Chemist: 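So I pulled up a structure with paromomycin in it.
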Amino acid sequence: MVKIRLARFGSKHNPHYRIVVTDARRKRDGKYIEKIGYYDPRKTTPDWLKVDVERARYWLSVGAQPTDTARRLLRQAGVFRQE
Amino acid sequence: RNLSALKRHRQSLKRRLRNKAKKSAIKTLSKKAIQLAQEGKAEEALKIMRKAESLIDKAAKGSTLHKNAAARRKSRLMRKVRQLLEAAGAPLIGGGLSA
Amino acid sequence: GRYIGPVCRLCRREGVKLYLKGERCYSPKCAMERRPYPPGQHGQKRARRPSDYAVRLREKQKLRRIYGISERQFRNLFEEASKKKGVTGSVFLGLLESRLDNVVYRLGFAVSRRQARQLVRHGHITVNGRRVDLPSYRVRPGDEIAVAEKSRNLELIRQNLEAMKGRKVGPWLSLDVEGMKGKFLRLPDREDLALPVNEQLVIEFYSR
Amino acid sequence: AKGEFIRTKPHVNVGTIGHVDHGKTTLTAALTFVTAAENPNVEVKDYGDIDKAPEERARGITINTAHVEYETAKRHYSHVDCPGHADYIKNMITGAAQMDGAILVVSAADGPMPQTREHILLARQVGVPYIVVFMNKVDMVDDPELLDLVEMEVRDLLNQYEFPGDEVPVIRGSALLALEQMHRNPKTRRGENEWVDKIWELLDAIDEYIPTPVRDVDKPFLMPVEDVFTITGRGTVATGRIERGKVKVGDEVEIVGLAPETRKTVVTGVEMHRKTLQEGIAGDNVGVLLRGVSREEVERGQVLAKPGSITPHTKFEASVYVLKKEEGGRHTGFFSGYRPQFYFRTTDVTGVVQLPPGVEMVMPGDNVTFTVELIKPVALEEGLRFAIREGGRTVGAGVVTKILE
RNA sequence: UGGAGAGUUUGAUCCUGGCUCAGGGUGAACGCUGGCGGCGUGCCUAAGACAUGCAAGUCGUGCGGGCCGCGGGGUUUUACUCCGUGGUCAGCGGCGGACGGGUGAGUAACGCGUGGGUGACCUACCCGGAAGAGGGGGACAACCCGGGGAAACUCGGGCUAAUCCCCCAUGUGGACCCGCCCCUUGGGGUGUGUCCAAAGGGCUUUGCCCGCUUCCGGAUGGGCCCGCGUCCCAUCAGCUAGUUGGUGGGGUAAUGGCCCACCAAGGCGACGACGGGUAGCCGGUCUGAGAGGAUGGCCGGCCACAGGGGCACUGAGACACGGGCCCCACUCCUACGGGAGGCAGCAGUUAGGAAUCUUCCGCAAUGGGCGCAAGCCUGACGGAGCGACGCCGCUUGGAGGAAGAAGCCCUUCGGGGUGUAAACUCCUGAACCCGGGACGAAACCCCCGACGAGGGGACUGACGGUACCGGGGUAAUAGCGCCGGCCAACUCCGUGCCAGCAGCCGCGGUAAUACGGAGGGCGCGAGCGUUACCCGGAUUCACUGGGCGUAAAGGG
RNA sequence: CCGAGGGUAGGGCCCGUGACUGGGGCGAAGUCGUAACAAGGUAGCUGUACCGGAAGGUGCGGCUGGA
RNA sequence: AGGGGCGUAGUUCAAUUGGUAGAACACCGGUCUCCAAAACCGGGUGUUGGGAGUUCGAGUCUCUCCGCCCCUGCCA
Ligand SMILES: NC[C@@H]1O[C@H](O[C@H]2[C@@H](O)[C@H](O[C@@H]3[C@@H](O)[C@H](N)C[C@H](N)[C@H]3O[C@H]3O[C@H](CO)[C@@H](O)[C@H](O)[C@H]3N)O[C@@H]2CO)[C@H](N)[C@@H](O)[C@@H]1O
Ligand SMILES: Nc1nc2c(ncn2[C@@H]2O[C@H](COP(=O)(O)OP(=O)(O)CP(=O)(O)O)[C@@H](O)[C@H]2O)c(=O)[nH]1
Ligand SMILES: [Mg+2]
Ligand SMILES: [Zn+2]
């Protein structure tokens with residue numbers, strides 16, 4: 001099904017994942033459905049994880065299934081927070 | 001040398017053997033039905049038809065035939081059995097085919 | 001890598017007294033100040049008329065040798081000057097100037113650019129606190145270039161610094177002779193640099 | 001499904017020489033069957049597969065030095081089986097240039113023959129310290145005191161080229177019979193069957209007398225190549241007998257001698273009679289799978305030393321002794337334009353004889369300081385040992401006294 | 001924000017015109033030379049043949065057993081060997097093996113690209129809504145006995161469990177025939193008749209968690225169809241029988257000649273049909289002032305293929321790379337009746353070629369499959385290795401240092417050059433030595449709290465003892481091409497239309513800046529040259545932007 | 001029935017090759033003559049036809065790019 | 001690795017009873033010329049594949065070795 005995961009980018013020894021909704025069957029760094037964020041596991045800049053909530057939520061509310069390490073990130077940007 | 005993917009093979013022959021029969025049945029049972037519908041045997045006609053519409057629709061529950069396939073056979077068994085019971089038929093036993 | 005070899009010989013060939021040693025090159029012997037002709041078995045014989053190509057080749061070699069850069073870097077740098085907005089004739093020099101090991105030279109930390117390099121190469125210099133050993137490093141405006149602590153007590157860091165007493169650095173650099181610092185205030189303008197080179201021609205050599 | 005070599009006892013290479021049709025091979029296959037029963041780790045070979053090369057087989061004779069592995073609860077051996085005849089001498093000489101000890105083989109019925117001589121002569125010039133005789137073909141006509149005359153004249157031959165002939169252990173018996181019963185007697189120890197016990201007199205006779213030479217694995221490394229094979233899916237394998245030091249999988253090594261410039265590689269594997277050796281040591285008889293090199297680059301005669309130790313050199317001024325005609329050497333003299341065939345380790349590259357100033361001639365005996373330039377750059381060191389053949393008879397022997405380039 | 005020309009036909013000139021040079025680009029190869037690091041990148045040929053190992057499994061929270069070791073001894077002991085509960089080997093059953101990885105052989109095609117159509121359709125797993133989950137019956141492996149077989153393994157008889165199959169019931173609903181309404185190619189509401197549902201499993205047990213069944217909505221992924229675009233040859237000009245259309249059937253998820261009977265005679269073509277040749281197509285790549293021209297290797301997308309040729313089965317999906325069946329070639333086994341294999345998956349061999357790599361390390365991260373989960377599988381992948389193949393950064397030193405060693409080379413014998421170059425004096429500190437030492441890894445999971453939001457806590461590093469950092473510390477690689485003009489750079493000697501050079505024009509016939517060497521010089525520098533290929537200059541196929549009286553060119 | 005493949009027969013296109021044979025391009029200083037360039041010593045050239053060791057000659061018509 | 005062939009001036013080739021090696025064309029030298037071509041004079045110019053062997057004396061007969069072609073081998 002449609003998932004929310006990390007698609008790698010950047011250089012060797014310089015991981016730079018892009019947060020993306022995409023059919024599970026697509027290869028990793030292949031073509032996706034929509035881009036919703038990026039995550040630098042090495043945090044270099046007070047900007048190491050942006051995530052569009054509105055959209056992240058749309059997808060979730062339709063079937064999109066996050067990865068464990070993709071939920072943590074989503075969450076960290078406060079996707080689930082309702083109050 | 002070999003892989004536990006033969007399980008999938010063996011497994012298959014059976015299922016093959018399975019719906020193969022569920023399929024033969026529907027062919028034969030639906031022939032006999034129209035053969036008797038063209039002849040005029042209105043009663044023993046629907047008697048059989050209505051009994052095939054059964055075997056057919058069951059194929060759909062499984063992995064033999066399915067959905068629109070199953071439905072297709074029907075709309076050509078009733079749409080058929082009816083265009084035969086006109087040869088001076090008057091569907092006495094309105095068993096399955098509604099008037 | 002960096003040429004390495006007879007230098008006042010280049011000083012000669014080009015004709016224009018080039019400054020590739022700093023010290024002695026002000027002495028009564030830059031060689032140019034002693035035998036102002038091209039090196040080699042000929043050098044002092046009727047100079048034929050130079051093809052527009054010679055004129056351009058020579059004017060480029062002049063500029064380039066004045067920095068101790070390789071063709072690969074020099075050109076590659078020029079090509080970038082082309083793309084950036086503004087008269088590339090200028091920008092180019094601005095980039096050649098913004099080079100690190102050069103600014104170390106443009107600040108007195110070293111008498112000659114060859115020396116400036118080795119200095120930069122061996123840690124001896126520091127940009128904005130952290131130490132750089134990349135001669136090629138491009139100093140950006142407002143940045144601070146300075147001698148690293150482990151170096152201040154060195155025979156050399158001293159003297160070259162001892163000379164900056166009463167002297168003034170190029171109108172685009174600031175200097176704290178007392179604490180071996182110095183800022184790269186502004187990107188030098190074609191004017192500010194009194195170079196014996198017609199950058200206009202260097203641009204022509206690289207077109208056709 | 002290859003198995004790891006379990007180095008228990010010490011390894012010594014013994015070869016088998018002697019004239020033609022005198023049992024060299026069978027006696028070899030014998031040691032296989034004999035030493036078999038009384039211990040595993042041997043793998044039986046027969047008169048057939050010892051000589052698996054078509055013709056060699058179909059035609060009758062032995063054409064390529066074999067290479068067999070058999071042990072004793074005392075000492076592990078590697079048996080290099082040379083061919084008789086002449087012609088192939090270039091293959092016995094290469095087999096001999098290895099073997100620590102030579103199991104000479106003479107025949108009761110024939111006695112010491114022309115090749116029996118030369119072989120012994122080559123052994124005295126190859127460097128095979130220690131020989132053992134084995135009179136075969138004894139099971140012939142009751143010779144009350146005839147087979148005795150053999151051991152009287154064979155010893156004369158050995159003590160005729162600087163060999164402990166009078167001491168040399170001359171066992172007696174037949175290999176065929178010995179073999180024959182064993183052939184149809186797989187399992188069965190000694191101290192039982194007649195002739196089989198005649199083989200052991202030889203085997204043991206080897207565990208004794210014959211040494212197990214001063215060996216070292218502290219100096220660099222070196223390995224003269226005897227042959228090269230292409231092992232399917234694996235690559236180019238080069239065999240030989242190690243000289244100094246050791247070698248394990250993953251090590252750098254250079255192929256030195258007989259080419260333009262030497263190629264360095266990385267060993268990809270080592271073995272010993274198809275046994276995955278973990279680390280072959282000096283004196284070991286190995287096989288080396290050389291990383292990504294082709295059978296067109298490795299060649300019998302070059303070395304496999306450690307990178308930086310011993311380069312290839314063409315010209316070499318080296319002191320040398322010349323065998324006199326009585327020694328079966330030269331019966332004349334050569335000019336400063338003489339071109340003989342030297343033999344460095346397992347290879348023979350022809351060189352020139354640019355003789356020094358004032359030596360307008362050189363005849364039998366003698367030994368001066370003459371220079372020489374080889375036509376093929378060969379791996380040379382300081383004091384390397386070499387001989388000098390030509391025409392079909394050794395003519396000298398000396399060592400590098402100095403190196404030109 | 002963008003446009004440079006030069007050499008060469010003549011005694012000389014202008015024009016025409018071809019050749020050639022100066023720029024840039026490459027999966028390169030070859031020669032000489034070669035120190036370090038990082039990021040890239042590396043069979044262009046035989047879609048040749050390939051030893052070996054490994055690349056797809058996973059669930060006991062679906063089911064029954066085989067085996068090994070513990071709880072209580074069924075009985076009082078071993079007996080009709082029953083449970084409690086984690087390891088093990090298949091079986092049965094589920095979901096995945098259709099994706100991930102490989103390749104470009106084939107393909108001129110709706111294959112691809114682009115924009116649309118589907119009232120002509122399908123979609124496992126995943127979300128959201130509604131309704132259920134009631135009863136019954138049976139088989140087949142596993143295992144035991146017998147028989148055949150060298151082996152790969154197959155046949156007879158006998159039980160056995162399930163979320164396996166089968167049958168009835170309920171029918172929120174759904175399917176099918178005929179009729180009406182609305183709409184308008186098969187869509188939406190509706191009526192009578194007929195037909196179709198399902199499985200338990202684990203617990204912390206009238207309740208949760210996980211499955212199950214049918215139906216609607218949604219996502220994602222797809223099938224089909226249509227407009228337009230997509231190379232050369234016209235010395236390929238006519239082509240076509242399922243051929244074009246119809247009616248009615250079969251087939252499919254679905255339209256359709258897709259397949260078949262029947263009827264008719266059509267359909268197509270100079271706007272290039274038919275045929276032949278070549279070729280995977282695009283995003284993009286290179287070049288160009290641009291318009292153009294060339295190109296399709298890394299990576300991304302689509303197609304096609306999996307020894308060669310065909311086929312169907314299972315399945316949401318394949319007519320299926322590590323599934324099946326047949327044929328072919330080929331290689332291999334045999335106990336001679338039958339068995340075995342397919343690296344265009346990874347690593348690797350060999351053959352071919354001018355030429356293209358490790359039988360590496362690790363699931364730590366990211367992604368995937370199965371699973372309640374722990375976690376197992378993952379040659380995807382993350383890494384390391386080899387090659388100056390490429391781009392980028394770095395070193396071989398820095399400052400002094402003579403009207404100026406020597407050696408070598410010119411010399412109007414007075415002198416000149418190599419040249420501050422060297423030596424030499426200090427100065428620094430590649431290497432090497434010793435020491436600390438990573439980021440990439442927070443969550444699956446546990447805990448306060450509703451397994452909610454939110455908070456706190458714990459494990460996990462292949463690369464690596466590497467990067468990066470600090471202390472001490474040695475001057476410690478240089479080559480290659482070129483110097484007649486174009487084109488930066490000249491002298492001597494040797495040679496004597498010889499030897500030889502040569503991109504074009506040309507050099508060499510006894511004073512050769514052109515050959516060979518030497519000195520000197522120019523260019524570039526861990527590289528420099530050579531060959532090959534594309535664009536440019538070339539307005540030299542001219543749309544931008546050409547021409548045809550005599551230069552090629554007006555048709556009799 | 002269809003149907004991969006195999007067989008028998010007859011065609012079509014292509015790559016390679018063949019005794020012999022035709023002309024062509026190219027190669028400092030070999031042989032014959034002398035067609036053209038100046039009425040080039042017979043104005044030249046041209047289509048066609050015949051003839052000749054070779055250039056070429058002749059016929060008929062045409063051209064001027066001859067006087 | 002084991003068999004079998006082949007190596008004569010510059011180029012094609014002849015002398016093998018064992019006897020310095022010629023024949024043609026090249027080629028070099030000289031005269032004439034700026035230099036060749038022609039002409040005229042004059043010179044075999046060779047590593048008989050290399051090195052040894054036997055021999056009074058080897059192109060030949062032995063042998064060893066180098067390069068090339070041909071066939072057969074060759075899994076640690
Ligand atoms: N390429 C020439 C073509 O053939 C012919 O010409 C060919 C021959 O007739 C002509 O021969 C000439 C000869 O005429 C003249 N009187 C003497 C001259 N030595 C020869 O020369 C010819 O032969 C010698 C060898 O002998 C070669 O070295 C030379 O290169 C070659 N042209 O040489 C030509 C071959 O190159 C046509 N006449 C000509 O128009 C045509 O284009
Ligand atoms: N009488 C007898 N004949 C024997 C003996 N040993 C061997 N042979 C014979 O010799 C034959 C082959 O001998 P082999 O061992 O190959 O000889 P070789 O020593 O290898 C000779 P080369 O190696 O040179 O070919 C045997 O088949 C047999 O007839 C023995 O002890 N006595
Ligand atoms: Mg033998
Ligand atoms: Zn100077």
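The sequence lines fix the lettering, A, B, ..., with proteins before strands; numbering per chain opens at 1. Contacts here are counted within a displayed part of the entry, not across the full deposit. Note that ligands are numbered from 1 as they come in the structure, with each ligand's atoms numbered from 1 the same way. When the header is checked for method, it gives X-ray crystallography, 3.1 Å.
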Chemist: Help me out: which ligand numbers or chain letters belong to paromomycin?
Modeler: ligand 1
Chemist: Name in the PDB entry of the chain with the most heavy-atom contacts to paromomycin?
Modeler: 16S rrna
Chemist: If a contact means heavy atoms under 4.0 Å apart, which other chains contact paromomycin?
Modeler: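 The heavy-atom check gives F.
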Chemist: So what's the source organism for RNA chain F in this PDB entry?
Modeler: Thermus thermophilus
Chemist: What are the neighbouring residues of paromomycin within 4.0 Å, counting only heavy atoms?
Modeler: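 The binding site of paromomycin (heavy atoms) is F:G25, F:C26, F:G27, F:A28, F:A29, F:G30, F:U31.
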